Structures are given as structure tokens and as C-alpha cells.
**Student:** 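Dropping the structure in here first, questions after.
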Amino acid sequence: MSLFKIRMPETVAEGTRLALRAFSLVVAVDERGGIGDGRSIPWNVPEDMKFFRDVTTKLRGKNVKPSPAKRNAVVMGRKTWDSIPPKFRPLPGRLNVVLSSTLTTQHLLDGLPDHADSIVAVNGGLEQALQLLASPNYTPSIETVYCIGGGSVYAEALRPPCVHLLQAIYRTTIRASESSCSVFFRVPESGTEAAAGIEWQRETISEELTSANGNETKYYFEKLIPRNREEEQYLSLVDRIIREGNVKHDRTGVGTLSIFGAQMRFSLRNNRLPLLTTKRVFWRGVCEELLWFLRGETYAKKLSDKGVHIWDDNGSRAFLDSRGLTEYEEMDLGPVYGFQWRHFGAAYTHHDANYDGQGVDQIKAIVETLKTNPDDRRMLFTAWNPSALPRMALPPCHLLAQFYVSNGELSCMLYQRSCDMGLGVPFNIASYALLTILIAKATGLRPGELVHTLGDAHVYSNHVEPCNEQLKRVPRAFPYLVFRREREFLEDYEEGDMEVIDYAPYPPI
Amino acid sequence: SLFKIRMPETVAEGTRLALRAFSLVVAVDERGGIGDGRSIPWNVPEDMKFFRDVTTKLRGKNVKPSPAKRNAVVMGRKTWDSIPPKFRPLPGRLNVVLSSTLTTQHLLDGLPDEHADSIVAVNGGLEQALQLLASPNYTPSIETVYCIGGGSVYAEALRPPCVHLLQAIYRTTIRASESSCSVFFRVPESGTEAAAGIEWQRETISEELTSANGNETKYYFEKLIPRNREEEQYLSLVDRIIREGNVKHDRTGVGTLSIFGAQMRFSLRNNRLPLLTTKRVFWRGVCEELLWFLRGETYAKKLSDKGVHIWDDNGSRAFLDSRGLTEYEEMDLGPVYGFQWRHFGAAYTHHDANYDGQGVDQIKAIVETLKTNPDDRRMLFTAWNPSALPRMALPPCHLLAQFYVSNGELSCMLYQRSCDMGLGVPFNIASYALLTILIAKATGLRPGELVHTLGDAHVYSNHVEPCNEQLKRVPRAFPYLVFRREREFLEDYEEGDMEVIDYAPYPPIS
Ligand SMILES: NC(=O)c1ccc[n+]([C@@H]2O[C@H](COP(=O)([O-])OP(=O)(O)OC[C@H]3O[C@@H](n4cnc5c(N)ncnc54)[C@H](OP(=O)(O)O)[C@@H]3O)[C@@H](O)[C@H]2O)c1
Ligand SMILES: NC(=O)c1ccc[n+]([C@@H]2O[C@H](COP(=O)([O-])OP(=O)(O)OC[C@H]3O[C@@H](n4cnc5c(N)ncnc54)[C@H](OP(=O)(O)O)[C@@H]3O)[C@@H](O)[C@H]2O)c1
Ligand SMILES: COc1cc(NCc2ccc3[nH+]c(N)nc(N)c3c2C)cc(OC)c1OC
Ligand SMILES: COc1cc(NCc2ccc3[nH+]c(N)nc(N)c3c2C)cc(OC)c1OC
């Protein structure tokens, strides 16, 4: 069963090679927005120093010791490096990236010593640095990148192409003011040319604190984030369902609030992955299940074994019996999803039987069509097989997708009949994002947009309370998907082959 | 007979007698006053002329008004009384008078001595008059209906249920201020409460004119229409495609501007039929094809013999041969659309073969579920069959529909993979409007909403210039579907059974 597989083309890698790495930015400014005199930092505020060290050293997981394996990186201009006393450099617990056209890596090591490799020089600007940090050697070993700046470096961060990779701004405002500030830092206001389409929202602001520096200086911290309209689509819909939805009751008898017919878009460009930030999504499961679908797999134990239990309840003897499927071996789910994708209309017996070259192979057909006739409007697959329906543990929710090509980009539309806004929808968004990414790789195209179409969009009545809390969260920027390695056939791709980078969801509640 | 779907015994709880679409004609002062209770306070002959002309004239070239094809004017009794006996009835128009006292045989009399049968008394308000003018008796003869008023009639015209049938308002403003006016008329402004969710817009306004009554009385005309948000929604999509769409090319190699993924909604409530007004839709064709779909038919000759030729190219000996279908006889389209709806997955041989009981009857199941468990989330039928595809003349374009129930109303969603905005789309909107209306009747629910999902929504390159001219047009209101008779079985509906009322679309784009 090898000639029934999808062969990936020679241009599989350049499809999804990460051009630039996503970064955050950390800065201190006065009320006039000035950042320094061009070689030194004017003010002395120890509480800003503590914040700076903390935001740039600490890692996502709790109590995780920074190490070559997993650490943060700080990127700085040469003059900023010079402003730090040689005794305190390199900054401990972080990878020091220094921008200079006159100083090499080894050259920086001269200066003060006297460890491992905590210093790298880059001949170029911030783009070149983010480019280097995009390579396997730094992705995903380096968890978060911070631009600790220098005027010209901040200047480069705040304009294309870099500004579109800027995920957060951690700004300290010092309430002093003087002539001595020559270099400046200003965040572009919403809807201006300098903003290049981005709309900076305020995530948090601290109360005004006083600095114990002898000068009684006031200061405060702000975290700014780039407005995530895509996730707001989703949040809006949830809010509309609670406010205006109809009370319905699904098969069990559980209450639900329901709206009918809706549509959402998500950009897949430049490695961008629409994993929701207001509530963490179980990505590993998303990844494992799609690959399981793609393979035409119908044995749930293959997911259960890899620690993915989303199909556990639907695969039990108890449930299968209650669907009259009394002859299915436990975890055998019948001709569901993947089977219809790769073997449409094929007669089903048991999971472990051979189904090679049986039924219609819709995925393969689409892959072949995209490569030859990209303008084709029949490029779509479905899992809604009325004949097979009774033989399935469960009817498909996401039952149809159509692909579309424009300017060498692959868009895909998914139609979902029943969409649980709490769990299904976030999961399925990621799922079809991955599919579209993979299919694009398989056809030598770039990812485009994912369009989601919803039928009965519902929120569960007891979920209303949790959901209302989540509505008061401002969506954060989406993470990115990169591939550790490629594989010769499509069906050979494993979860470990790909990595989700810069995923910073909110905590549970 | 046997494998067909039996219609319910009754009309769905809440359904309504068909109401006619009307325009309102009025003369007001700047304070909004229309009269003193029993007469008009001012003398402005130029308004009399405008009133005669707007209510008398028909749509054609020089079509003399006759009992065969004419307009109607609905008025209150007091208004009738105010018109001096020697001018009743108003020539070239059906005169509909509202009165609980006076009958047809009462008003006539009334007049000098010698007689017109262009009069009918109605014992009820404007609603009853609009009901009456929707009768099989009146819908041939009566082309446009005018509300020429009386304060009480205008009031009724401006509130639900009547206000929703108001296609236009022809207001004459007389620039006198008169204290004695005790009866008033205000057109409610967009966004306000009295507007009741209607957005009134000025279509035209005359320059200020002076009357020749020898008082230099200033006056002006304006036409006010309700905004058709839903056709605006379609047009904006068309306009967005032209402005932002990508250049693409169909199978033949013809140019298109296209966009991917869009969604439109249309209301079907009380059998409102979203037939687009800015370019005439071929309704008869839409109707015949749908009933053809519902019956599970696959023989296009059944369609082309009813003078409906949409499937002609796709049915020819030459075309079937090119799709590899050397076995099908001319016009045998294979297991397409209707076949999949009523026999999903059945082996196909020929159009004339018996298919009873074979495959899956998706419609019959959907109908059944709606009747018993309407919160169900599996009430959808697909024509997209990957097994059957290569045996079809054409793969389905509109390929999936989901049903939904809420507040005793049946809504429906349509997925369409390829969307031509000029011809295919407005046609399909009407197809699924009708379907949802029929399925509602079949399951005893009243019609709800049609949601339309578009895949590859496109406009043809050559069709760009004509579209831009259409885009400049202001949308008129949507017509209504009236079933003039009923059937025992859903499959038994002929096109003749249903009448579309008040569909007045624009002439062909020049
Ligand atoms: N307020 C704050 O928290 C904050 C933070 C950081 C820094 N600062 C202040 O900002 C001031 C320094 O600002 P600045 O803009 O003058 O200096 P800078 O950004 O720190 O350094 C600029 C240097 O970086 C290198 N560089 C920049 N772009 C390059 C490119 N495209 N290709 C190759 N090399 C490139 C060049 O070094 P080579 O000449 O060696 O090639 C250039 O001279 C200092 O006063 C510092 O204290 C303030
Ligand atoms: N400026 C203009 O464009 C314009 C146009 C027309 C009229 N007007 C003026 O408006 C004034 C009259 O206004 P109005 O409201 O008092 O009179 P109206 O609307 O013309 O007539 C009211 C009468 O119509 C009948 N009617 C109305 N609703 C009915 C219902 N629901 N069921 C049964 N019968 C119904 C009743 O007659 P019965 O008592 O017999 O039952 C009622 O008394 C006059 O001054 C007239 O000149 C102005
Ligand atoms: C704490 O260690 C030190 C760090 C620095 N770096 C400059 C400096 C200071 C505050 C800062 N604060 C923020 N928010 N962001 C920065 N990018 C930042 C930088 C870049 C300079 C020092 O010498 C004055 C020093 O030793 C005290
Ligand atoms: C049609 O001829 C006549 C009509 C009327 N009816 C009142 C009247 C007057 C102006 C009007 N003007 C407009 N814009 N619309 C009307 N609805 C209207 C009506 C309803 C009264 C008449 O006697 C003075 C008369 O004979 C000249």
C-alpha cells in the first residue's frame, strides 16, 4: 500500500519555510516618548530594570530553568550593547543577538572575560536577525524573541516587513521630561499610515508606581498587543449566540443556545496559524486527528495510544451498541471522515481490512487537479455519505471542504453543519488550517485563507457562564506553524514533524 | 401514489391571506396637514394633475386603461364623500371604498343619473382591500394599487401588517401653513420608532414649483421608497467582486473576476419570494426545474417541452459523448440533482427505468424529521456524490442544503460551489426560496429565512460593463408567492398552481 499514497513534490520545503521569526518588543520611554541621548539611558529606575530582566528571562512554563535547549533571545543594536557595562554582559539566561557591521561574533567575546554560546553577532538589521532566528538551530529552541532595541532597531521593528511579526509591546513610561532625549519611540495610532494596518490595543496598564530611586520618580507599565480581528469574529459570534440565540435541545436532552448560518475568515499566510488565544486549544490532538483523517483511518485506538482521547467516548462498547453497531470491535468507528475522504462509497467491513484502491480517493484527486488545473471549481471533498451514515459511530460535523487557488495561494472553505463554539469550532478551525497548509505543501502552493461556514452554531447552556468570562478577554496575536522536517509521502507526516511557535494563550477560566 | 410525500391537511398555524402591494399618494402642507376632516383646504390644480396621472397611467407604451388591465385606488368613505357626486367614480381606475355602512349598491346611487361598475365597497380597512385585490378575480385586471387615503386609511397604511406592502410614497408638499388642518400625515424617518424597521429614502424630488392658482402657491413633488436591504446586499457583493476580484478563467477560457467565500440572507416570511428586481429572473424556468428536481427527474426533454431550455447544450448527443456517456439517449442527463435528492446512491441505467425504493430518499427523510424532531442537526440533503459524479452530465453546482427550525419557521441553507452572479445565482436564490416554501407547507411550518453560501463567486469579464449599469439601479421590493390551489402530494405540484404577485423588475439593461 505505497502507490496509493500522495507523493510530495520537490518544492515541499519552500512552501512553508519561515522567512522571519515572530518577536516581542521591550522599551522604556518618557512622557515625550524619548528613549535616550544616543549612547546612554538618561534615567535611573531600578524597578524598570527588574521588570526588564523578568519579562525577557522567564519562560512560558512555571519554574523552567533557562538553558541552551530552551531559552529566550534578546536582540540589540551595537550601541545598546556598548551602553551595558562589560561586567554585566552577556545578559544571563538569554541569547544575546547583537547587530553590527564592524564587530564579528568572536570579536564581541573580547570584552571582559575573564561559558557556553550566549552571544551571536549579525551583519545586518533586525530583519536579518529574525531571519537567522528563523533557522532550525534557533527555532523552536529559542522560545521568545525580544527586541531590547536601540532607536534604529525600534525604528526597524515598527515598519514593514518586521512590524507584521511584532506580537507584543512591553513599555515602561517614566514620568520625567528633558531636552537630553534625542532618539524617540512612538507607537502608531489606529488607522494611520505609520500603523501599516495594525491596530494596537492596550492589554494591561499598571497603576502609577513610585520609584525608590531617591528622586521619587513615578512610572508605569503597559502591554500593547496588535488587534486580532480574526479571533474577534469568533468572540462576536459567541456573544451573539448568548444574547440572541434560540434555546434548543440536542439528542441527549442537554440545553443549547443556537444561531443559524454564519461565516468566518482566517489568514494562513506567512506560516500564520489561527489557534485561538482566549482559551488554549489542544493542538497536539488537532494535529494527531487530522493526520489520522488524512490516512483514511477508522480505528480510534491509534489516537488513544498517542494520548488523544477525543474519540474515546464514541468508541466504547457502550456507545457503539447504542448506535446498533454491535459487530464493530471496540474503537472501530465505522466509515467515518477519513474513510470517506480517501475511500468514498467503499463497502466497510472492519478497520483492519485492506481498503487500498477502493472507493473514490477525493484528497488525491484534488491534489492532482490543483497541480494541473488550478482554476477548477469542482475541487472539493465531502464526508456526507447518506448510504454510509447509519454505519458510522457518528455523522460528520465538518462534512465538506472546497479549495480555491488565487495568485499561487491556496484558500479552502469548510462547511460545518453543527458547530459547538466551546470546543468543536476552535478545534476545527485549527484542523482545517493544518489540512490547507499540508495540501498546499503537496501541490507546491502557498497557504492562503481558511473560510469557515457554520450551520447550527451553538453554545451549551451551562457553558454560558464560562463563555461570558472569556468574552472579556482581548484576543492576542496568533502563533505560527513551522516544519522540523519534510516527508516523502503525505501520509507519512507525524505530529513531531511540525512545531507551533509563539503560542501565548490566556490561562484557564 | 405510493412513494410520494403526502401533504398535510391544514395551513401552518399562523399563515395569512395574501396581501397586495400598494403605493400611497398624498398631498400635505409643511405642518403635515392633509385636511380639515371633510375637505382639502387648498386649491392647487397641478397636484390634481399629478394625482390623476400617477394613479391612472399604466406601465406600457400607450396602454388605454380598460377593465381588462387597470389600476385601483383605495379610499376611505369620507374621501369618497368629499369628491363631488358628478366626478365619481374616478375614470380609468377601480374605485375601492372602505365603509361598514355603505355597500356597492349604496354608493352607486349617490351619483347624478347615468353608470359605471368600476366601484366596489369593502366592509373593512386597507388590509381587507389588499386581501380582496389579491383574489384570482383581481390579479389579472389590477396592475398597481394606490392608497389615495383619508387620514384613517393613511394611518392604517403606515402600520403593520399593511406598511410592509408599501412599495412607494408619492407626496406632494404644498407650501402653505394652515391652522384649520386637524388631520395629519408624517412619513416616519429612518431609524425612528414609527418607522418600525423600514428605511425610507428619497428616490426623486422635483424642483420647487409655483402654482397657477393665482396665489403664487409654492409646491413640490417627492417619491419616497423603502430600502430593499437584501438586494442591496447582493449588489454590494457584485460591486465588491468587480472592484476586488481576481482575474480567473473558466473551462472554455473565458475571463472572470472572482472572490472566494461569501454569505447572503433573504427573508421568506409569509411567502416572500426574493426574485431580484434590478434584472428580471426567469421565474417560470426556476419553477419548472425545481418541481423537476423534487420529482427526482433526469430527463431534460421533460423540461424543454415545457418551453424551458436551460439544459439543452448539456443534453445533446454531442455533449454526452464528450463526457463519455455514449449510452444515454439525447437529453438523459444521468443521476443528477433530483436523482440524488430522492435516490442517493442508487445504480443508474436510464431515465425511463423504475427507481422506486432504490437509493436514499433524502427529502422524504428531511420532511419526516421536521415533523417529529425539528431541533435535529442532520436535516440536510446533498447532490454531491463522488461515485455518481462521472456518470452525470454536469456535477451539481448547488450541492448541499441544510434545514433549521426556530419559532415555528423553516429556514434553510444552500451551499453553492460555483457562483455566477449574473444568471446562475439569482436563479438559484429563487430555486431554494421555492423549495423552502414547499417543504414548509409539506411539514406544516411557515417559511423562514434563506441563507446562501457561495464558493467561487464570480462575474464574467464581458458582463462587467452591463453590471455597472445595473449597479446604478435602485432595488424595488420583492414579490410574493401565492398558491392558488393545493395538492395531495408534494410531487404533484404543477407550475400553474402558484402565482407570483407584484413582481415588477427593471427592463433589460440597455
Ligand atoms: N529607553 C530604553 O529602554 C532603551 C533601550 C535600548 C537602548 N536605548 C538607548 O538608545 C540609544 C542608542 O540608540 P541608537 O539607535 O543610536 O543605537 P542602536 O540601535 O542601539 O545601535 C545602532 C547600531 O547597530 C548597528 N546596525 C543597525 N542597523 C544595521 C544594519 N542595518 N546593518 C548593519 N548594522 C546595523 C550599527 O552598528 P555598527 O556601526 O557597528 O555596524 C549601528 O551603529 C542609547 O542611548 C541607548 O541607551 C534606550
Ligand atoms: N391631502 C390629501 O392627499 C388627502 C387625500 C384624501 C383625503 N384627504 C382628506 O382627509 C380627510 C378625511 O380623513 P378621515 O380619516 O377622517 O376619513 P377617511 O379615511 O377618508 O374615511 C374614514 C371612513 O372610512 C371608512 N373606514 C375606514 N377604516 C375602516 C375600517 N377599518 N373598517 C370599515 N370602514 C372603515 C369608515 O366609513 P364608515 O363610517 O362608512 O364606516 C370611516 O368613517 C378629509 O378632509 C379629506 O379631504 C386628504
Ligand atoms: C540591568 O542591566 C543593565 C541593562 C542595561 N540596558 C539598557 C536598558 C535599560 C533599561 C531598559 N528597560 C526596558 N524596559 N527596555 C530596555 N530595552 C532597556 C534597556 C536596553 C544597561 C545597564 O547599565 C546602565 C545595565 O546595568 C545596570
Ligand atoms: C380626483 O378629483 C378629486 C379628488 C378629491 N379628493 C381629495 C384629494 C385631493 C388631492 C389629492 N392629492 C394627492 N396628491 N393625493 C390625493 N389622494 C388627493 C386627494 C384624495 C376631491 C375633489 O374635489 C375637489 C376632486 O375633484 C377635483
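The sequence lines are lettered as chains in the order written, beginning with A. Sequence positions for chain A are given in the PDB entry numbering; the residues included correspond to 1-114, 121-515, in order. To match the PDB entry, the residue numbers of chain B are left as they are there, and the shown ones run 2-115, 121-516. Counting convention: from 1, in listed order, for ligands and their atoms alike. Scope of the values below: all heavy atoms of this structure, side chains included, with no hydrogens, waters or symmetry mates. Per the header: X-ray crystallography, 3.0 Å.
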**Student:** Specify the drug or drug candidate at ligand 3.
**Tutor:** trimetrexate
**Student:** In this entry, what is the main binding partner of trimetrexate (ligand 3), named as in UniProt?
**Tutor:** Bifunctional dihydrofolate reductase-thymidylate synthase
**Student:** Give the letters of all other chains that come under 4.0 Å from trimetrexate (ligand 3) at a heavy atom.
**Tutor:** A
**Student:** Just want to see if trimetrexate (ligand 3) lands near the annotated pocket: which residues UniProt lists as binding NADP(+) in chain A have a heavy atom under 4.0 Å from it?
**Tutor:** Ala28(A), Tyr160(A)
**Student:** Hey, quick one: what organism does the entry say chain A comes from?
**Tutor:** Trypanosoma cruzi
**Student:** UniProt domain of chain A most involved in contacts with trimetrexate (ligand 3)?
**Tutor:** dhfr
**Student:** Using a heavy-atom cut-off of 4.0 Å, which residues UniProt lists as binding substrate in chain A are that close to trimetrexate (ligand 3)?
**Tutor:** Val26(A), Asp48(A), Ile154(A), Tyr160(A), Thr178(A)
**Student:** Which residues count as the binding site of trimetrexate (ligand 3) under a heavy-atom cut-off of 4.0 Å?
**Tutor:** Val26(A), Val27(A), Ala28(A), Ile41(A), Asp48(A), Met49(A), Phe52(A), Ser83(A), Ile84(A), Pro85(A), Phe88(A), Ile154(A), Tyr160(A), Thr178(A)
